[PDB]
Asker: 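Here we have a deposited structure with dasatinib present.
By the numbers in the PDB entry, the shown part of chain A spans 250-269, 274-522. Whatever order the structure lists them in is the order used to number ligands and atoms, beginning at 1.
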Amino acid sequence: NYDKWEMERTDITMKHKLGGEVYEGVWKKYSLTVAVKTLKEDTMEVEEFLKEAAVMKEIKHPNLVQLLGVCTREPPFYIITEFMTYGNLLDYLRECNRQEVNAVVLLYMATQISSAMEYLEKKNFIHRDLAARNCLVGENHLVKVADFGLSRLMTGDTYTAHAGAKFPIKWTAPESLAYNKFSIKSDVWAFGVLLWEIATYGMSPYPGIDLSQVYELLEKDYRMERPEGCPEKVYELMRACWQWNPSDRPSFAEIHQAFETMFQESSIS
Ligand SMILES: Cc1nc(Nc2ncc(C(=O)Nc3c(C)cccc3Cl)s2)cc(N2CCN(CCO)CC2)n1
């Protein structure tokens, strides 16, 4: 009945809708621009809305979108987070000045994301839809993973998604496609694809390839080619993420350490 995260809905003024349902609003007390997720008072997604709120309370990491407060006493239910200025990483990359957002910057963004994912790995969470679209950007190439796609692993290492669930085939690991099973390893695969998105400045993965065939191509060892101007080390990491066997994919700890060193090395140059 008492929750520290619960804030008065009074202290929030809405400014502008951003999608969906998400708004740019203002926490008036702190004169702070915030992001506010909400829902229609006629929805069955109330339970999962609240579950994700609860999850986000447990989450604390620089490269994970920070929860600020909630309004879960009566409709409309709010989840308030910090406001990421530039929106998602996909559109950012597509619209960016590539002279500004160059190689070392891409390395930096990958490093940040892998930090967030290592954190989740440690905390027994998995992200159900890890992609550039669900990474948000702030000033100085700050990247944060959107935490609404998070699921906690209560037992074991494998989250089974609800029966008949749609999933982004090109981002989805083959064991997830075949069995609806998501491990942190599945997220490692997805992160590989995200690396591809970053390197290509937001190209659609497996471009031109009919979705129906995708799985079958992966089974027969087809992987996306190294993007133009992508360092061979990075591509090697991408292929490592796309190992057929989940057990052969690296951990996000390994991945993050790799990108950390690579980034420092590029920073020297
Ligand atoms: C859709 C959108 N989001 C933006 N920023 C966001 N920051 C934080 C957000 C958020 O969703 N947090 C969150 C999470 C992660 C989980 C549960 C609950 C919540 Cl509340 S959404 C900015 C933006 N644009 C501004 C930049 N554009 C050019 C025009 O200047 C157009 C697009 N568009």
Asker: Identify the macromolecule bound to dasatinib in this structure with the most contacts, using its name in UniProt.
Answerer: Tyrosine-protein kinase ABL1
Asker: Tabulate residues with any non-hydrogen atom nearer than 4.0 Å to dasatinib.
Answerer: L267, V275, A288, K290, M309, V318, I332, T334, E335, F336, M337, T338, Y339, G340, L389, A399, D400, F401
Asker: Hey, which of the UniProt active-site residues in chain A is closest to dasatinib? Heavy-atom distance to 1 Å would be great too.
Answerer: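 The nearest UniProt active-site residue, by heavy atoms, is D382, 10 Å.
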Asker: In this entry, what is the source organism recorded for chain A?
Answerer: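 The entry gives Homo sapiens.
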Asker: Which UniProt domain would you name for the part of chain A holding most residues in contact with dasatinib?
Answerer: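 The answer is UniProt domain Protein kinase.
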